[PDB]
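Entry with testosterone: notes follow.
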Amino acid sequence: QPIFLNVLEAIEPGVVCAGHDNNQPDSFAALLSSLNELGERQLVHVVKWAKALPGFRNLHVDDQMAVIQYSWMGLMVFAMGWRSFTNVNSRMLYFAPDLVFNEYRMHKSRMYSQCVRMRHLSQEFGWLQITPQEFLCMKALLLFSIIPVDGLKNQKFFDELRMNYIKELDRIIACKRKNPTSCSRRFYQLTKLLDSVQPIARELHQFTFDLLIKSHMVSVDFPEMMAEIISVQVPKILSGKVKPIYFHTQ
Ligand SMILES: Cc1ccc(OCCn2c(SCCOc3ccccc3)nc3ccccc32)cc1
Ligand SMILES: C[C@]12CC[C@H]3[C@@H](CCC4=CC(=O)CC[C@@]43C)[C@@H]1CC[C@@H]2O
């Protein structure tokens, strides 16, 4: 009996509703103000998920908040890619049961090319045959995939933590196979998939940052925590002070 997977599966967040009035015409301001609200709500869930992760309260308290606040985009995109694959066979974007994106909403949001990228990512889940155990490990692993170039308050704890999640992923892959190249292939595949979440998250950091700057001119609302994170933390990523941790060089 695997204690690590039990935990990952126990703490997985439920459904989060976007609060969207689907009875509105699909306007830009309204799709975007709703996505923002989805962001702010999902944040609360990510925090409590992250805090109930194995080894996590180990990290220094400020590092705990830092790594949540750099990594959120990556996490939410990956999950949403999954929700999309499990429900709507990847065909649309399952932001929340009350906020699914069709083509038309992908154009109206004005972030059409990002949505296409998110859709693709979503499809990889099918193409690779990602099991729910792989999904869960990879997603938790994503929490420790982006950090300040000049390290964290307790970087050693962090590096140990991350190493452990990597080895746990290797475990979920390997406790079921036989032939030799099989487990190499697969691990290569997942490290590549995990890597590819980063340029997408980066496109979306740019996007939302831009939006926030021009939100008064455009009637898009940003909730308190989303405002703050996007103006304090995202800029550290955009300017290159915080950076992802790739497995492979691009
Ligand atoms: C809530 C809780 C309880 C016990 C914990 O023990 C730490 C275990 N741990 C760790 S160790 C974190 C490294 O930092 C430390 C902290 C204290 C002493 C030595 C190293 N990495 C893990 C990866 C997967 C699963 C568990 C992992 C962590 C959180
Ligand atoms: C950041 C953002 C609001 C929050 C969105 C984000 C797109 C990706 C995303 C996926 C989710 O499943 C929840 C909300 C988030 C995190 C949106 C892109 C522009 C908008 O400002």
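In what follows, residues are counted from 1 in the order of the sequence shown. For ligands, and for the atoms within them, numbers begin at 1 and follow the listed sequence.
Every copy of testosterone included, the relevant parts of the model are ligand 2. The chain forming the most contacts with testosterone (ligand 2) in this entry appears in UniProt as Androgen receptor. Per UniProt, the domain of chain A home to most contacts with testosterone (ligand 2) is NR LBD.
Contact atoms of testosterone (ligand 2) toward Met80: 12 (O) (distance under 4.0 Å to a heavy atom of the residue). Regarding atom 9 (C) of testosterone (ligand 2), its nearest protein heavy-atom neighbour is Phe95 CE2, 4.1 Å.
Among protein heavy atoms, the minimum distance from atom 20 (C) of testosterone (ligand 2) is reached at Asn36 OD1, 3.5 Å. Contact annotation: for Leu32 versus testosterone (ligand 2), heavy atoms closer than 4.0 Å belong to the side chain alone.
Using a non-hydrogen distance threshold of 4.0 Å, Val220 does not register as a contact of testosterone (ligand 2).
The option from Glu37, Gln42, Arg41, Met73 that lies nearest to atom 6 (C) of testosterone (ligand 2), judged by heavy atoms, is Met73. Distance check on atom 3 (C) of testosterone (ligand 2): some protein heavy atom falls below the 4.0 Å cut-off. Testosterone (ligand 2) lies within reach of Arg83, whose nearest heavy atom is under 4.0 Å from it. Looking at UniProt's 17beta-hydroxy-5alpha-androstan-3-one binders in chain A, a heavy atom closer than 4.0 Å to testosterone (ligand 2) shows up in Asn36, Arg83, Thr208. Considering only non-hydrogen protein atoms, atom 5 (C) of testosterone (ligand 2) sits nearest to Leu35 O, 4.1 Å. The protein atom (non-hydrogen) at minimum distance from atom 16 (C) of testosterone (ligand 2) is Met76 SD, 3.7 Å.
Distance from atom 8 (C) of testosterone (ligand 2) to its nearest protein heavy atom, with residue and atom name: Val77 CG2, 3.9 Å.
Residue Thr208 places at least one N or O, backbone or side chain, under 3.5 Å from an N or O of testosterone (ligand 2). Of the listed options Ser215, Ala201, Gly39, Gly39 places a heavy atom closest to atom 14 (C) of testosterone (ligand 2).
Of all atoms in testosterone (ligand 2), listed by their number and element, those nearer than 4.0 Å to a heavy atom of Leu38 are 13 (C).
For chain A, the PDB entry reports the organism Homo sapiens. In this structure, residues within 4.0 Å of testosterone (ligand 2) (heavy atoms) are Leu32, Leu35, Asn36, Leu38, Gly39, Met73, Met76, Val77, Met80, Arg83, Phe95, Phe207, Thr208, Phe222, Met226.
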